[PDB]
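Depicted below, meropenem (bound form) in association with Beta-lactamase.
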Amino acid sequence: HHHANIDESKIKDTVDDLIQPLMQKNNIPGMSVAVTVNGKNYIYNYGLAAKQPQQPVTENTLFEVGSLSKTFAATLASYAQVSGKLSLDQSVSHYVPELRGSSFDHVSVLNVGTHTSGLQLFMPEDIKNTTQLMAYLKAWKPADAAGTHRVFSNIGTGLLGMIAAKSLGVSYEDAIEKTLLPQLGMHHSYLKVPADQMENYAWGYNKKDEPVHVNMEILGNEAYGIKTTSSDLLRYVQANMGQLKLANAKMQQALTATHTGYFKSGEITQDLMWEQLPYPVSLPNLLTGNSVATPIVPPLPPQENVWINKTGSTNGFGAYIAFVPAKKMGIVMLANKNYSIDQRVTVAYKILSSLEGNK
Ligand SMILES: C[C@@H](O)[C@@H](C=O)[C@@H]1NC(C(=O)O)=C(S[C@@H]2CN[C@H](C(=O)N(C)C)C2)[C@@H]1C
């Protein structure tokens, strides 16, 4: 029931007023929106996780988050780094000996963690096993030197997560599901959804409105494997702002260190997978932010006065996270349809702007 002067009702009015038109105009079947502010958490669910048979979005609904998954690979690499198992400045071939003598002699772990290796976006479809993957990587050359350009890459994120996990002595799937997500308290987050949670796994709806789930291929866990709830992602946002007891002291340091600013591209600062802009942000630069890479050396330390964000999509889903550490506020928006990023950022901006007076 609605209550004037009560936090959850005031926030719900703002969120409803933006999310309901957004879902109608984009034919989005279902969404969950989670907001944190002043140490308190608010979860709002809309519409349907599945159309036939109809299933509503609930607090337990799992959505694919696509490239939001890359921030977990970055957090894992950061955890390995602060634990003394990984140096980001070292070469990929230092950690992957089969690539010694290849172009990866000249690509750093930082490069694959910042989209500056030059590797292309998509893994070639005919690469099915590790032998084929290694043959490909051993024979690969970019047109420009590593460290000169930003090119978003699923392959690079794959290497980042693989190297991080190996430096901890485990597979990536083990590192994520047995170490990272449990230490973060994210008990409803998965690379592979278990049988008791399949009833909660929303269907995605593609551009043709067909129900789809993402097909996991080689190194896909690192780049697009996470299925999760808005509540678990809100915990992840809070952890990224140091708000939770948590994990480890090492885990808090790992999360914070992913916000280190390593390269500038246009107006955007590239962190370890996360991207950030100075806060306050005007909506135009947010939209303009969605290339030559200039190093930030020494790296920009993790900041409070920034808007940190990441989009992610699969064929059937569209996700977004943004948070402002200086304001201890953040938002997670999950949808089971891939709708345009300009709308994700605009709605998030309007919601977060609503959470305090102008001054
Ligand atoms: C699953 C993946 O195939 C896709 C993402 O969900 C692609 N990978 C990336 C990526 O994020 O690295 C974007 S590009 C986009 C370019 N800037 C975005 C971002 O982080 N924003 C807008 C905050 C990300 C592909 C669709």
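Residues: numbered from 1 along the sequence shown. Below, each value reflects all heavy atoms present in this structure, side chains not excepted, and no hydrogens, waters or symmetry copies. We count ligands from 1, going down the list as the structure has it; atoms in each ligand are counted the same way.
Residue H115 places a heavy atom less than 4.0 Å from meropenem (bound form). Proximity of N290 to meropenem (bound form), defined as any heavy-atom pair under 4.0 Å, is confined to the side chain (atoms from C-beta onward). In this structure, of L121, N338, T157, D342, the residue bringing a heavy atom nearest to atom 25 (C) of meropenem (bound form) is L121.
Under the 4.0 Å distance rule, the nearest protein heavy atom to atom 2 (C) of meropenem (bound form) falls inside the cut-off. Taking distance alone, with nitrogen or oxygen atoms compared against 3.5 Å, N154 approaches meropenem (bound form) more closely than that limit. Between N309 and meropenem (bound form), not a single N/O pair is under 3.5 Å apart.
For chain A, the PDB entry reports the organism Klebsiella pneumoniae. The shortest contact between atom 11 (O) of meropenem (bound form) and any protein heavy atom is with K310 NZ, 2.6 Å. Annotation for meropenem (bound form): atoms under 4.0 Å from non-hydrogen atoms of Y224 are 1 (C). Of all atoms in meropenem (bound form), numbered sequentially from 1 with element shown, those under 4.0 Å from a heavy atom of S313 are 1 (C), 5 (C), 6 (O). Between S153 and meropenem (bound form), not a single N/O pair is under 3.5 Å apart. With non-hydrogen distances under 4.0 Å, the site around meropenem (bound form) consists of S67, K70, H115, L121, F122, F152, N154, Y224, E275, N290, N309, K310, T311, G312, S313, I341.
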